[PDB]
**Q** 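Would you mind keeping the following structure in view while I ask a few things?
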There are 2 protein chains.
Amino acid sequence: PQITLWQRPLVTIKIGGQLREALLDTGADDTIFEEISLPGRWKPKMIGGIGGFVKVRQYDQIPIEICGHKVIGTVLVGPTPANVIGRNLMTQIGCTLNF
Amino acid sequence: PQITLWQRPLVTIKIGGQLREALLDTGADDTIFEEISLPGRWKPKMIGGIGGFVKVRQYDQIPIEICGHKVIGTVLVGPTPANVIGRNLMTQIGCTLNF
Ligand SMILES: CC(C)c1nc(CN(C)C(=O)N[C@H](C(=O)N[C@@H](Cc2ccccc2)C[C@H](O)[C@H](Cc2ccccc2)NC(=O)OCc2cncs2)C(C)C)cs1
């Protein structure tokens, strides 16, 4: 679908059997969630934003259902005031900017 | 323009006679620019993201030229590891997200 930007680009997500809303963020290289339980091993990792750094957990090969689409990729779980879907997943569902 | 997301969505900008490169960021409501010089008086505003918050200067009604499109809007200037064009300016050039 086409998404205008007069409102936050929010999509409904299904991950690890858990439902949540995420922000389609083109300005984000990776995907990050604030509070969801994912199974398996994870690798410590740190990401930076406008505020500073953040210790997150990296999980790979995680099936995520984006707006009705089944995609698999690396998901970061850590302290964030907003759930974000980055370009690492947006390319799998064919997202493109247009103007 | 149709831009895919295999690369960061960067665009060239002419702002206040200065040339910059910015990221088209749908996950940002406001436009943030790291150090540039702008006219007139501002208002000490604070914004947040990953890591925390930051103190910035809020400039209203500043003309920006994105890909040859000239629009006037609010620009925040402050410490930021990357210039960001938010939704406040992206709606001006009719930029949509498609997939
Ligand atoms: C509370 C919540 C419901 C919301 N608040 C807001 C309003 N706010 C504050 C913003 O839009 N703030 C913007 C912002 O940081 N947006 C962010 C999303 C976000 C929003 C709110 C809270 C936390 C993160 C999204 C932006 O694309 C930035 C851009 C960027 C990239 C490199 C270096 C610096 C900056 N992205 C990141 O910092 O991404 C970090 C990463 C996560 N995974 C991989 S990198 C500013 C640039 C203005 C929107 S949703």
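A, B, C, ... go to the sequence lines in the order they are written. Here chain A follows the PDB entry, giving residues 1-99 in order. Using the numbering of the PDB entry, the residues shown for chain B are 1-99, in order. All ligand and atom numbering here is 1-based and tracks the order in the structure. Computed from heavy atoms alone, side chains included, the values below leave out hydrogens, waters and symmetry copies.
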**Q** If you look at ligand 1, which of montelukast, vincristine, ritonavir, pexmetinib would you identify there?
**A**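 The compound there is ritonavir.
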**Q** Of all chains near ritonavir, which one has the greatest contact count, and what is it called in the PDB entry?
**A** POL polyprotein
**Q** Using a heavy-atom cut-off of 4.0 Å, which other chains touch ritonavir?
**A**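 Chains with a heavy atom that close: A, B.
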**Q** Among A:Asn88, A:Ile50, A:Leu76, which one has a heavy atom closest to atom 35 (C) of ritonavir?
**A** A:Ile50
**Q** Just heavy atoms, cut-off under 4.0 Å: does A:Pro81 contact ritonavir by side chain, backbone, both, or neither?
**A**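 For A:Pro81, the contact with ritonavir is made by both the backbone and the side chain.
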**Q** Which heavy atom of the protein is the closest neighbour of atom 21 (C) of ritonavir, given with residue, atom name and distance?
**A**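 That would be A:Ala82 CB, 4.0 Å.
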**Q** Name the closest protein heavy atom to atom 25 (C) of ritonavir, giving the residue it belongs to and the distance to 0.1 Å.
**A** A:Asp25 OD2, 3.1 Å
**Q** What I want to know is whether A:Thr80 and ritonavir share at least one N or O pair that is separated by under 3.5 angstrom.
**A** no
**Q** Report the part of B:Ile32 in contact with ritonavir, treating N, CA, C, O as backbone and CB onward as side chain, heavy atoms under 4.0 Å; options are side chain, backbone, both, neither.
**A**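 Only the side chain of B:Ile32 comes within reach of ritonavir.
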**Q** Provide the number and element of each atom of ritonavir under 4.0 Å from a heavy atom of A:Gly27.
**A**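 Taking each heavy atom of A:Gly27 in turn, ritonavir has 27 (O), 28 (C), 29 (C), 30 (C), 31 (C), 36 (N) under 4.0 Å.
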**Q** Within the structure, does at least one protein heavy atom fall under 4.0 Å of atom 4 (C) of ritonavir?
**A** no
**Q** Does an N or O from A:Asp29, backbone or side chain, lie closer than 3.5 Å to an N or O of ritonavir?
**A** no
**Q** Pick, from B:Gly51, A:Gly51, A:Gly48, B:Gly86, the option with the minimum heavy-atom distance to atom 40 (C) of ritonavir.
**A**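 Residue with the shortest heavy-atom distance to the ligand atom: A:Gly48.
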**Q** Under 4.0 Å from atom 27 (O) of ritonavir, is there at least one protein heavy atom?
**A**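 For atom 27 (O) of ritonavir the answer is yes, since some protein heavy atom falls inside 4.0 Å.
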